[PDB]
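Consider the following structure, which contains dimethyl fumarate (bound form).
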Amino acid sequence: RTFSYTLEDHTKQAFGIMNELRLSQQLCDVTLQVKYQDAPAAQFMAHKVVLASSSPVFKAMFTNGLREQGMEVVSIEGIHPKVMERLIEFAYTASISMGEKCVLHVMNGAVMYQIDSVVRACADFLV
Amino acid sequence: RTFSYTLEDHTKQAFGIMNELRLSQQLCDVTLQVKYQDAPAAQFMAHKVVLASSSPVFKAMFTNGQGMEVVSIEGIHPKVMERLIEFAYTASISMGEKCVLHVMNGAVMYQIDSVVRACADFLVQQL
Ligand SMILES: *[C@H](CC(=O)OC)C(=O)OC
Ligand SMILES: *[C@H](CC(=O)OC)C(=O)OC
């Protein structure tokens, strides 16, 4: 015989504690310090492989070129730090929430990182 | 207003992506050297944050006292460790009726309860 088993919500629960390691700052190999014009500078430590799984350009930033081992500090410009936080959380919890006055900026931030499931969610909200 | 959105198929897609990354040895920080009793020694590369997301033992291992790490693994077979690692990235596992005990023992070593309870429920069928 051949017995097979598939835990359905495993990916839901596995992502649940990958978010714990991000908040507890464990196993992190990238630090996204993002500074925006007329905005307080911020820092978000995350995991390269889990951000690569949610964004093709996050995947491209970390897979090619000469990357720093251990932990790589990445300077990011162009998006507000309060928008990058919305994107990183979506990459860890598969959900995103905000007010009606920021869905435009979050859409532009999600287009740059090609998180297409968010650019279509922000588009369906504005219709 | 308040915008909210949850992509349901996200965690399934993201795991399929970082499964492609482990099959191409990108963004990996582990080399699991499996040394069993007179078995052909095999090696498996994976991510600390992914193995920690599916195994409490792997979480306690990688979160203690950086960079790339090579860990020796003994007491487990390469093919049952390979099946456990594939479960971490695919949430699925498949064995033969003659290998259900050697995988339940491998899963009980790393406290992957979902695989343990499934294999233990298989043995009570023929009992
Ligand atoms: C928007 C802030 C936000 O999205 O809160 C969830 C913003 O930064 O204004 C430009
Ligand atoms: C081998 C099953 C086994 O008993 O190894 C511990 C196997 O099915 O490989 C796919």
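Per chain, numbering begins at 1; letters A, B, ... match sequence-line order. Atoms considered below: every heavy atom in the structure, side chains included; atoms not considered: hydrogens, waters and symmetry mates. Both counts, for ligands and for their atoms, begin at 1 and track the order of listing.
Counting heavy-atom pairs under 4.5 Å, the chain with the most contacts to dimethyl fumarate (bound form, ligand 1) is listed in UniProt as Kelch-like ECH-associated protein 1. Chains touching dimethyl fumarate (bound form, ligand 1) with a heavy atom below 4.0 Å, listed by letter, come to A. The covalent attachment site of dimethyl fumarate (bound form, ligand 1) is A:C102 SG. For dimethyl fumarate (bound form, ligand 1), the residues with heavy atoms nearer than 4.0 Å are A:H80, A:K82, A:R86, A:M98, A:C102, A:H105.
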